[PDB]
Structure formats: structure tokens, C-alpha cells
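Drug hydroxyflutamide bound to macromolecule Androgen receptor.
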Amino acid sequence: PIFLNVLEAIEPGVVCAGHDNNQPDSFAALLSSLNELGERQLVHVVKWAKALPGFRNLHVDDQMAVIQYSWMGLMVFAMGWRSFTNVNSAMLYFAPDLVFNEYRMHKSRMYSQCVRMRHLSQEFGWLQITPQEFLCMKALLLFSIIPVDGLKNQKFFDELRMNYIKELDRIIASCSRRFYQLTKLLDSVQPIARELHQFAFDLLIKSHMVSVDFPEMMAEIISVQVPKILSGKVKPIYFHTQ
Amino acid sequence: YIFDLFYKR
Ligand SMILES: CC(C)(O)C(=O)Nc1ccc([N+](=O)[O-])c(C(F)(F)F)c1
């Protein structure tokens, strides 16, 4: 069962938002925590992906690129399991010190996107998603977005992604019934990802004025890589069209 | 910038 042994052995721990939970729910303080959370949770993807089954098979620029793009989609997906598993999907469990309530959902001005995330979190439920199914969908999520001109080696990449399906396909395996659903969920992700990608970007521009603090690396990714996606340069690979 | 630096630590 070697493939699985790895996903869990590499699987990150609990990251904290490092949040002064005493300060009342201000749009600035909330989002100046999510930015650190983005940052911290990014460090952890950097490390997690580096250790993936045949990740160093890819080009080093491609490695960075795929991480830089995926970063969001993953954080969302993982976050939704976090909420699902820890709060039974009642609230948004970003970190231990940053669980999002209706009022906090509202106070970050991210309400719609949170409805979406409570939603997909609700899906782990309604779909009896196994951890070994979750883990696999998350690994595969890294390979779910590329530039349209293609990677420094698309070949070695397509190779990688293709074997991450056969893997989930083996983890599932009238199996086709299940398959669909999971590929469906794995799509619901990108739509949302792109919404935060847009939310985050709006913010970065006006952050000077809304008093919301982006870490150096946060701003950079949002300033240089996220625009690629938003500008349609970089598009995610959906299973079904849509 | 700072990401590629994080990719050699
Ligand atoms: C930098 C920007 C606004 O904070 C952002 O992407 N927010 C954010 C931060 C952390 C996490 N997280 O998974 O812990 C998420 C989200 F993935 F849930 F969307 C968004």
C-alpha cells in the first residue's frame, strides 16, 4: 500500500494563525491574520509538495510554478476537511486560533466565499469522504492548474498527474459512480479558489488603505503569479466541462 | 523574488 503510506507520512500538522483572539472582529485584524495564515500554510505546502511521490521528477521552475498556483486551492480543500472533521462543518476552521463564525464570515467581508467553503466542507460529509480519499484528492489538486503555454516540461508533468489519478482510481477501486462525485468535488474547488484569488488580489491593491497586512512573500505571489491566473494566462484543469 | 529563495532553504 506504499503510495498511501506516503501521503499521510508527509501530511502537514496544525498551523496556527498566531491570532490575538482578544481583539473584536475587525475586517483588518481578521484579514491580517489570514495573510499570515496564507503565509504559514504556504511554507507547509512548500515542504509537503517537495516530498511528494515523484515531485522532484518535475522541473524546478515547474515545481515552484505548480505550487505557486495550487497553493490556494489546496488550502481551501484542506481547510474544508479541517472544518468538516473538527467542527462537523458548523464553522470555518482555518486554524485552531481562527475559526470562522457567521459573524466572522460576515466581518471579513468574505461571506459569499465562506458560504462556498462551508458548502464544500459540507460535502465531505454528504459524500462519506474517507481520509485516504481526501488525502489523495488533495495531492492531485497540485496537478490541477497549469499555464496555457504549458510547463517547462509538460511531458514529465502529464506523466506525473496521470499517475495520481490511477492512484485515486485505485484508492476508489460500479466504482465509476464514486469516481464522478469525487472528480466533481475536485472541480468545485477551482471556482472558489479563483474567488479568493480575486478577493486576495483586490485586497492587495487597496491594502495600503484598508490597513490589512500582507507578508512579503504573500504580496509577491499575489502580485506576480495570481494575476497570471486572473488574466486567464494560467487556467485550472477541470475534469468535466464546465 | 522571495519564493525561489524559499526554494533553496
Ligand atoms: C491571503 C488571503 C486573503 O488571506 C487568503 O488566501 N486567505 C486565506 C488564508 C488561509 C486559508 N487557509 O486555508 O488557512 C484560506 C482558505 F484556503 F481557506 F481560503 C484563505
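Proteins get letters first, then strands, A, B, ... in listed order; numbering begins at 1 in each. As the structure lists them, so they are numbered: ligands from 1, and atoms in each ligand from 1. All values below come from the heavy atoms of this structure, side chains included, with hydrogens, waters and symmetry mates left out.
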I'm trying to find hydroxyflutamide in this model - which chains or ligands should I check? ligand 1
List the other chains that have a heavy atom under 4.0 Å from hydroxyflutamide (ligand 1). A
In chain A, which UniProt domain contributes the largest share of residues contacting hydroxyflutamide (ligand 1)? NR LBD
